[PDB]
Amino acid sequence: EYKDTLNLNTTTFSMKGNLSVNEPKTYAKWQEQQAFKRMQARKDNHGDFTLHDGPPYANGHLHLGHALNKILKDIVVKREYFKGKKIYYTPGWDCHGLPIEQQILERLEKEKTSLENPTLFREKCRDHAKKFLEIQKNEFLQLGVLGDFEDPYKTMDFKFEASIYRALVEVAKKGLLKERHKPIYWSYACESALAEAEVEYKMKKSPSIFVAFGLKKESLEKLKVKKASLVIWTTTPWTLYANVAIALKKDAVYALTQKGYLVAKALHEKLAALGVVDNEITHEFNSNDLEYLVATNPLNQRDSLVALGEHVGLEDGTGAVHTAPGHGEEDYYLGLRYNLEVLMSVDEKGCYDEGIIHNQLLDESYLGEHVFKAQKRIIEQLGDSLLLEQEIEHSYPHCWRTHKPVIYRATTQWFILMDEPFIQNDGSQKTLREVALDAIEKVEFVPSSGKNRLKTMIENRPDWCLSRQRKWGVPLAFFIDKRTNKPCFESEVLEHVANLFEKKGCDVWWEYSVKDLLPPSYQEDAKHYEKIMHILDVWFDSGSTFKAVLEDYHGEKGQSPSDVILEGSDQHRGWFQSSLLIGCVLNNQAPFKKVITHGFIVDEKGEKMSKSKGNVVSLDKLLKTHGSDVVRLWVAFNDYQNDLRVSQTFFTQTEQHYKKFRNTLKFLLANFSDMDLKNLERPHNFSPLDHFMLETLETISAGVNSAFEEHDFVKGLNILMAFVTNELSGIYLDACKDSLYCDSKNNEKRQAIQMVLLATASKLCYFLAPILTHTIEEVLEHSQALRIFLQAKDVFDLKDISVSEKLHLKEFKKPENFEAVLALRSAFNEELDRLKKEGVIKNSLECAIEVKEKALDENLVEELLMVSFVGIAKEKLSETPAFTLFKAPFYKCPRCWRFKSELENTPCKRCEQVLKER
Ligand SMILES: C/C(=C\C(=O)OCCCCCCCCC(=O)O)C[C@@H]1OC[C@H](C[C@@H]2O[C@H]2[C@@H](C)[C@H](C)O)[C@@H](O)[C@H]1O
Ligand SMILES: [Zn+2]
């Protein structure tokens with residue numbers, strides 16, 4: 001009957017987020033009003049923070065991994081902004097390379113067409129990247145992320161292409177860029193060399209054969225046996241044509257069987273059990289005595305030299321290794337060590353060429369045949385020399401963009417050398433491997449385990465092949481002097497080319513003549529120079545972003561080294577490594593101080609998302625289903641260092657966390673909305689319960705901040721949520737509802753409660769603003785009191801506030817100790833539950849309690865236990881060692897529902913006064 005006489009305590013801040021409607025309006029506003037530039041221009045910026053963006057490929061729409069990545073970057077950046085620092089965060093895009101060029105190739109072929117003109121082909125590639133750079137930029141902004149998205153970096157900008165080339169120039173001037181001729185990864189489907197980061201290892205079925213190479217007559221006479229054939233094991237019959245040698249383990253015993261097969265003795269038992277060779281050994285020979293004997297290749301009748309390899313393994317195979325220098329790296333060095341032929345008759349498309357006829361290595365019927373299609377017919381040609389064929393499965397290197405298996409071909413390519421000493425900037429002498437290992441020890445990794453992942457790769461990596469045979473990318477734009485057959489690294493030549501690139505882009509490398517590309521002083525000798533037309537590994541491009549973005553803009557986009565880079569843990573094999581290596585040539589240090597990694601988006605069963613599996617969840621679908629602030633809370637509230645599973649159950653839990661945060665903020669705003677703002681300019685007398693809350697607010701704030709400092713948003717959101725749920729909602733807001741709703745608006749106890757709620761809302765806003773930025777922006781939009789209190793027009797004016805100073809607290813005020821009264825509260829609530837089960841009582845306000853520890857504040861007990869009366873009464877309900885509960889000897893007040901009225905249906909003394917209010 002008196003509900004209309006209570007304090008309204010409502011706010012326009014709504015319970016329902018309606019995120020699908022309101023978030024795009026918030027983000028459109030931040031773009032229109034240039035919130036990021038306003039963040040950078042903030043007048044009281046103190047300190048600097050550079051996060052250097054790793055560039056996604058400008059191909060396709062964003063997937064959930066991009067969203068994960070940019071949200072985490074956004075939280076880290078916003079944290080530093082709200083700490084008061086000046087922010088540098090320029091997002092960028094990877095525009096070159098097969099990731100763009102392959103999509104153009106697949107379209108041309110689907111359209112049944114070709115495009116041979118180099119300038120036009122690069123134009124199609126460039127326009128494709130421009131289209132999807134726009135698409136990804138606006139998709140990034142729909143996640144609520146703030147960065148220099150209107151002035152991002154692009155590896156396709158002419159200045160950027162000049163920067164990438166100038167980095168290459170520094171490598172070449174330091175003596176680390178050299179030509180090598182050796183077998184390397186060859187992708188026949190795109191007719192290009194590859195390096196490790198462009199290769200994906202996948203299980204693949206393969207023939208597996210054991211082949212007998214008979215010793216030649218004179219070798220049998222030297223060995224003093226009638227029959228002997230070395231048995232090799234190989235999974236690549238397509239390289240048998242290129243055999244020049246059979247490599248044995250140094251100083252090892254080889255067993256000759258009765259049928260005349262020669263194998264490593266340590267492997268004879270296994271081989272006989274496989275049925276490869278017979279079981280009876282007749283003679284044992286040391287491999288040192290077999291070296292320089294000669295066998296015969298059964299496929300083509302050619303000589304094969306018996307050699308000793310370095311580190312021949314005896315765990316698989318036969319202990320005798322078919323050695324093909326044109327198709328294996330260790331084979332190649334063995335062939336050179338013995339001055340043997342390098343047979344390599346497989347062309348760029350992976351097919352046998354005329355060289356099989358010229359040297360008589362393989363029958364003419366194989367001309368033009370792809371090496372992988374030829375293998376079945378090769379195996380049949382082996383006849384009786386084939387001792388056993390099996391089919392096995394092994395992890396095999398595949399091209400990262402055509403998805404086809406690679407092969408190896410001896411070829412001349414350009415490398416960054418790992419174990420080549422070079423002159424350091426401080427004058428000393430060190431290899432790149434040594435510098436990179438030193439540099440890693442100075443980088444902070446989050447998690448720490450990332451260090452040894454990257455360190456192990458550096459310890460084991462080979463020389464870095466740089467040259468690729470595609471068209472879309474930055475050329476290795478050096479001339480070869482025909483008079484010397486060596487590259488021209490003259491500073492005048494290199495910088496002249498770099499300047500042309502900066503002004504017109506690398507197109508001119510294909511269009512201009514040699515004379516036109518040479519300085520005026522060299523054009524009389526243009527006849528002696530020839531362009532290198534290979535382009536750079538795209539991992540060199542992105543490995544150069546630190547130079548093109550941080551250094552070449554002299555701090556305007558961040559410092560080099562950056563404070564933080566943040567990408568998936570798959571970038572130890574990619575961007576972390578290439579940036580580390582180039583940083584170490586140019587600066588002899590890593591171009592980052594700290595690396596934070598995250599895992600991958602996976603499905604509900606932790607499995608990888610793929611179109612073949614039909615388990616891909618699109619970014620659009622997820623945002624539309626849940627809203628970006630929920631997707632952002634999902635990220636921060638979960639162990640993002642590992643894989644994150646998408647499932648209804650986990651998003652339901654996050655929506656429940658978001659609702660609790662949002663409902664709590666609504667209650668706070670609603671219950672200080674009527675507070676006279678003059679309270680903000682005067683101190684108050686806070687109760688012990690108020691002090692307990694402010695002292696608690698401080699304690700958990702320190703813990704949320706320490707957790708967020710170490711990027712452990714889970715630990716920090718759990719602290720924050722536990723405070724919201726337990727101390728705030730469960731204790732304080734329950735004890736306070738009566739005063740808030742039923743006391744006079746002039747009541748100073750109520751005004752002191754509102755000040756605590758205002759300080760609490762202020763801390764919630766500060767700590768959630770990096771994560772739920774839209775929502776905290778919406779909180780300030782709906783609360784004039786919060787905006788005045790925090791002196792904030794919008795979310796970007798937020799600062800960490802001193803509650804002690806804003807509420808005028810005395811410094812040496814001793815903290816509350818509520819342990820004794822909270823144990824009583826817990827024991828009373830356990831006893832009250834039992835009485836409620838029995839039906840004796842319905843709620844705590846129906847009770848009186850006499851506490852047996854008389855040293856406790858009686859009004860605090862009434863407040864925390866929500867009893868209507870502290871002391872003795874007449875009707876005993878139950879008793880414990882700690883207290884005795886009674887029925888409260890009053891009527892329920894019709895206005896406040898507390899059992900404090902002396903007459904039935906009559907307002908209590910407090911309520912009567914409030915109702916008389918003049
Ligand atoms: C979290 C990741 C993947 C994921 O989890 O993605 C899974 C997305 C879910 C659905 C899959 C989409 C289609 C599935 C299918 O059909 O196959 C890994 C991270 O990604 C973002 C960033 C990509 C930038 O380019 C990298 C730069 C730095 C370097 C120079 O290249 C980077 O941070 C990366 O490390
Ligand atoms: Zn009352």
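Sequential numbering from 1 along the given sequence is applied to the chain's residues. Just so it is clear, the values below take in all heavy atoms, side chains as well, and ignore hydrogens, waters and symmetry mates. Indexing begins at 1, ligand by ligand and atom by atom, following the structure's order.
- Lab note: most contacts to ligand 1 come from the chain the PDB entry lists as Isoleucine--tRNA ligase.
- The drug located at ligand 1 is named mupirocin.
- Geometrically, mupirocin and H66 share no nitrogen or oxygen pair separated by less than 3.5 Å.
- Both the backbone and the side chain of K611 come within 4.0 Å of mupirocin, counting heavy atoms alone.
- At a heavy-atom distance under 4.0 Å, no atom of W93 approaches mupirocin.
- Residue contacts with mupirocin: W575 is placed with no nitrogen or oxygen under 3.5 Å of a nitrogen or oxygen of the ligand (distance criterion only).
- With a 4.0 Å heavy-atom cut-off, mupirocin is reached by the backbone of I601 and by its side chain too.
- In terms of polar-atom proximity, defined here as any N/O pair under 3.5 Å, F600 makes no such contact with mupirocin.
- For the pair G568 and mupirocin, the shortest N or O to N or O distance falls below 3.5 Å.
- Remark: mupirocin and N69 share an N or O pair separated by less than 3.5 Å (distance only, no angle test).
- For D570, every heavy-atom contact with mupirocin shorter than 4.0 Å involves the side chain, none the backbone.
- Residues touching mupirocin within 4.0 Å, heavy atoms only: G54, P55, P56, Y57, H63, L64, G65, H66, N69, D94, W539, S542, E567, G568, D570, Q571, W575, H598, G599, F600, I601, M609, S610, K611, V616.
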